Trainee: 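Sharing a structure: atazanavir in complex with Protease.
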2 protein chains.
Amino acid sequence: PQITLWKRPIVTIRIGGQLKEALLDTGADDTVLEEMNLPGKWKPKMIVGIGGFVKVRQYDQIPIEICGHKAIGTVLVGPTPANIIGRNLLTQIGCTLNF
Amino acid sequence: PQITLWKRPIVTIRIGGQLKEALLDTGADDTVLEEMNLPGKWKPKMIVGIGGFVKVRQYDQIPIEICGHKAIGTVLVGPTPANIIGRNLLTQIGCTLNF
Ligand SMILES: COC(=O)N[C@H](C(=O)N[C@@H](Cc1ccccc1)[C@@H](O)CN(Cc1ccc(-c2ccccn2)cc1)NC(=O)[C@@H](NC(=O)OC)C(C)(C)C)C(C)(C)C
């Protein structure tokens, strides 16, 4: 689909049977999810947002369905005011910016 | 143009005759540039994202050219970790996400 930017580009995601909403974010290197229990091992990672660095948990090889497209990759879990789908998964679903 | 996301979508912008690099950022409501002097009235503003709050200066009705596409709108200036073109200006240049 084509998604305009008049409002926040928020779409429905499905992860582990959890139905959620997430922001498609070209300014995000990584995918960052609100607190949820994900399976398998994790390790800390420090990532930077507008207000500086925060510590998050990094889980690898997590499948996520984004607007009906299958993705699988690294998902970070931590203090965020929104679920954010970053470029690591946007590339997987063939997302581009067009103007 | 069409811009893919395997690297950060960094583009050159022109503002006040000055050339800068900035990130095309669908996850940003606002446009935020590193410290610089811009003309006229400005208002202190607080903005929020991952890592918390940041104090910036708001300048309105500022001409800015993004990849040769003209915009005139609000530019926030402050200690941002990255120069960011947000939706306020992405919409002015007709940007969309496509997949
Ligand atoms: C290399 O670092 C990154 O890629 N950092 C990403 C990041 O923070 N990206 C920022 C832009 C950025 C890039 C590099 C360094 C610092 C910042 C944005 O793409 C996402 N971000 C994170 C974000 C996104 C959405 C929201 C939000 C808030 C209220 C309701 C819904 N969503 C909050 C934070 N947005 C904002 O912080 C914006 N905030 C905003 O639009 O607030 C409404 C600003 C910018 C205008 C301040 C993540 C931590 C998500 C990976």
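Read the sequence lines top to bottom; their chains are A, B, and onward. Shown for chain A, in order and in the PDB entry numbering: 1-99. All residue numbers given for chain B refer to the PDB entry; the residues shown span 1-99 in order. For ligands, and for the atoms within them, numbers begin at 1 and follow the listed sequence.
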Trainee: Okay, with a cut-off of 4.0 Å on heavy atoms, which other chains neighbour atazanavir?
Mentor: A, B
Trainee: What are the neighbouring residues of atazanavir within 4.0 Å, counting only heavy atoms?
Mentor: A:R8, A:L23, A:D25, A:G27, A:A28, A:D29, A:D30, A:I47, A:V48, A:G49, A:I50, A:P81, A:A82, A:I84, B:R8, B:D25, B:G27, B:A28, B:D29, B:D30, B:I47, B:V48, B:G49, B:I50, B:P81, B:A82, B:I84
Trainee: Could you list the atoms of atazanavir found under 4.0 angstrom from a heavy atom of A:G49?
Mentor: 8 (O), 16 (C), 17 (C)
Trainee: Relative to the heavy atoms of A:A82, which atoms of atazanavir are at a distance of less than 4.0 Å?
Mentor: 32 (N)
Trainee: Any idea which atoms of atazanavir are less than 4.0 Å away from a heavy-atom of A:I84?
Mentor: 50 (C)
Trainee: Is there any N or O on B:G27 that sits under 3.5 Å from an N or O of atazanavir?
Mentor: yes
Trainee: Need the atazanavir atom indices (1-based, order shown) with element for anything under 4.0 Å from a heavy-atom of B:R8.
Mentor: 1 (C)
Trainee: Of all the non-hydrogen atoms in the protein, which one sits nearest to atom 42 (O) of atazanavir, and at what distance?
Mentor: B:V48 O, 3.3 Å
Trainee: Does atazanavir come near enough to B:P81 that some N or O of the ligand is less than 3.5 Å from an N or O of the residue?
Mentor: no
Trainee: With atoms numbered from 1 as shown, which atoms in atazanavir lie under 4.0 angstrom from a non-hydrogen atom of B:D25?
Mentor: 10 (C), 11 (C), 18 (C), 19 (O)
Trainee: Measure the distance from atom 41 (O) of atazanavir to every protein heavy atom, then report the residue, atom name and distance (to 0.1 Å) of the closest one.
Mentor: B:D29 N, 3.0 Å
Trainee: Which atazanavir atoms are under 4.0 Å away from a heavy-atom of A:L23?
Mentor: 24 (C), 25 (C)
Trainee: Would you mind running through atazanavir and noting each atom that sits below 4.0 Å from a heavy atom of A:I50?
Mentor: 16 (C), 17 (C), 37 (O), 47 (C)
Trainee: Less than 3.5 Å between some nitrogen or oxygen of B:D30 and one of atazanavir, yes or no?
Mentor: no
